[PDB]
Amino acid sequence: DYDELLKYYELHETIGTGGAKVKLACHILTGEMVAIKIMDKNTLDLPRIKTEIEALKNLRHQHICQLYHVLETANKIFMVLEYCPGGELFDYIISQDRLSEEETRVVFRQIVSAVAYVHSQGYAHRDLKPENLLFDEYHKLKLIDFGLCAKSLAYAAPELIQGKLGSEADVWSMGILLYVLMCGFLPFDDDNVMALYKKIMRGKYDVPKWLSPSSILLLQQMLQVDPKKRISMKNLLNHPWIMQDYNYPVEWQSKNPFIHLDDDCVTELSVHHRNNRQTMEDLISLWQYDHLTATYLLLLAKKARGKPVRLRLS
Ligand SMILES: Cc1nc(Nc2n[nH]c3c2CN(C(=O)N[C@H](CN(C)C)c2ccccc2)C3(C)C)c2sccc2n1
């Protein structure tokens, strides 16, 4: 089962195991580290993986953890993704107790950027929480886990739980997230699942003394039980709180394109393929998420880190 995969990657330690597992690995042609999520097809739950793949094939963003390569044997599925060394936002909050307003703003703008983009493309994430945000090599946030996306109860909006409106529910989840960043605990919690549900429907929460009046006001706009009264994604982008100490709205548009190609990465792939430029371009622009896609995108990442755009051809 690991046979096709080992043509392309050096497998290292397994660094996470859940109900899928995650293996660290090196991509041989570029020497870049990657993180391969591995699913068994017999013990699976399945169309959750299919949703995620098709979402990550169509989404590409500076704050979305990038998919490079999809492989499938008769009993396994491999998703080769960006390696984020910094770990989960959840763990970071635990280590810090809570973030100050300033640092919360820094991280939160990155969350809003990703979710605004996901929404611009016609998806809702639907499982936004700090476990699904990872710090990359530059301590920048990356959104993961698009399995429940569409065209955790503590983070679910009241209307989503009542089963009735996807863009608004993400704003609620972001509101819960915002609270957890600045407080270190959830605004609605209970051991009993139905009592928690009840608390969420009421929409009443403790407001700690250390929150600034601006924070409080924004939380209140985000955590409106009625989604019609809830602040929209658009108005969140240039909200006074979000703008404080930046003075410009969240830059949400993608800087990682499908249409434009990097000339140096194309040149290097051309020599490997003994290809003409125009035909190497057409081949890359099919975006099949095969080894070409992976090698092209990992060369770009190499370039972005100030390393030479070079394949290791042995
Ligand atoms: C496991 C782990 N991953 C790390 N970095 C990562 N880089 N790239 C990725 C991760 C984690 N990823 C991931 O899909 N995790 C899922 C999260 N699901 C449950 C919401 C997961 C975690 C554990 C077991 C199965 C699946 C991707 C994006 C591949 C890092 S950094 C320091 C520790 C560490 N531990």
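Residues: numbered from 1 along the sequence shown. For the numbers below, each heavy atom of this structure counts, side chains included, while hydrogens, waters and symmetry mates do not. Atoms within a ligand are numbered from 1 in the order they appear, just like the ligands themselves.
- Of TNG462, MK-1775, ASTX029, GSK690693, PF-3758309, the drug at ligand 1 is PF-3758309.
- In the deposited model, the macromolecule with the most close contacts to PF-3758309 (ligand 1) is named by the PDB entry as Maternal embryonic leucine zipper kinase.
- The contact residues of PF-3758309 (ligand 1), taking heavy atoms under 4.0 Å, are given as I15, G16, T17, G18, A20, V22, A35, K37, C65, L81, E82, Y83, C84, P85, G87, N132, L134, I144, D145.
- Annotation: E131 places no N or O atom under 3.5 Å from an N or O atom of PF-3758309 (ligand 1); distance criterion only.
- Nearest protein heavy-atom contact of atom 26 (C) of PF-3758309 (ligand 1) is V22 CG2, 3.6 Å.
- The nearest heavy-atom contact from the protein to atom 1 (C) of PF-3758309 (ligand 1) is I15 O, 3.2 Å.
- Considering backbone and side-chain N/O of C84, one or more are found under 3.5 Å from N/O of PF-3758309 (ligand 1).
- By minimum heavy-atom distance to 1 Å, the UniProt active-site residue of chain A closest to PF-3758309 (ligand 1) is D127, 6 Å.
- Considering only non-hydrogen protein atoms, atom 32 (C) of PF-3758309 (ligand 1) sits nearest to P85 O, 3.6 Å.
- Interface of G87 with PF-3758309 (ligand 1), defined as ligand atoms under 4.0 Å from a residue heavy atom, comprises 31 (S).
- Per UniProt, the domain of chain A home to most contacts with PF-3758309 (ligand 1) is Protein kinase.
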